[PDB]
Amino acid sequence: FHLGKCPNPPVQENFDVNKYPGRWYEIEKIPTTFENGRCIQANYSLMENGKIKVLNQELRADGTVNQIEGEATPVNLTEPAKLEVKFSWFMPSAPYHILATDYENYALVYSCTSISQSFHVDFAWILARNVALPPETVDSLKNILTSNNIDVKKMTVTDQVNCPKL
Ligand SMILES: CC(=O)[C@H]1CC[C@H]2[C@@H]3CCC4=CC(=O)CC[C@]4(C)[C@H]3CC[C@]12C
């Protein structure tokens, strides 16, 4: 919960949606809730229209699996790295902005929602193709956030250690 209008960081230049699909593991995020997933992964599959189906899955402490299915749609025709995502019929879409990705190793995703023009809440996820990233990559991605006035101090490391080999 923050003062002012939503930050509007630059997004990934020359973004190629065709190289984005497949499985991404969650490495770090701004937590959305104080409750509980590990081994967090999302599978993206690119459709005919440029819509992207998203299947998010996580393991809970008791070893059960929680899943949610959603769809990402480009918000506009100018900037292919600015999408919006919807997971439930009853939930308005949320921005899904790809700030940086090399398609083969990492992606930084940002989302911000206003609470009037005077306040906002924002979120960010560092994703990877593998279950871990070099500390210097994580640092470089957090620097993007910081340099755009997005706070990284509340970010948590997702447990990719107590997890199956997939
Ligand atoms: C792991 C991953 O790719 C991240 C990037 C965008 C993330 C989603 C963005 C929307 C979202 C917000 C919530 O309120 C619950 C979790 C979810 C449903 C997120 C789950 C993890 C996702 C899918």
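All residue numbers refer to positions in the sequence shown, counting from 1. Read the numbers this way: they start at 1 and go in the same order the structure lists the ligands and their atoms.
In this structure the chain with most contacts to ligand 1 is the one the PDB entry names Apolipoprotein D.
Lab note: of selgantolimod, progesterone, exemestane, chloroquine, dobutamine, drug at ligand 1 is progesterone.
The nearest protein heavy atom to atom 16 (C) of progesterone is not closer than 4.0 Å. Put simply, part of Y44 is less than 4.0 Å from progesterone, judged by heavy atoms. Looking at progesterone, you won't find any N or O of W125 less than 3.5 Å from one of its N or O atoms.
Contact analysis puts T32 in contact with progesterone, with a non-hydrogen atom separation below 4.0 angstrom.
The contact set between progesterone and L127, taken as ligand atoms under 4.0 Å from a residue heavy atom, comprises 1 (C), 2 (C), 3 (O). The PDB header gives the source organism of chain A as Homo sapiens. Close approach of progesterone to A42 is summarised as follows: ligand atoms under 4.0 Å from at least one heavy atom of the residue are 1 (C), 2 (C), 3 (O). Heavy atoms of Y96 come nearer than 4.0 angstrom to progesterone in at least one pair.
The closest non-hydrogen atom to atom 18 (C) of progesterone, taken over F87, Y110, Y25, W24, comes from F87.
Here the protein heavy atom with the shortest distance to atom 21 (C) of progesterone is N56 ND2, 3.5 Å. In this structure, residues within 4.0 Å of progesterone (heavy atoms) are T32, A42, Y44, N56, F87, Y96, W125, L127.
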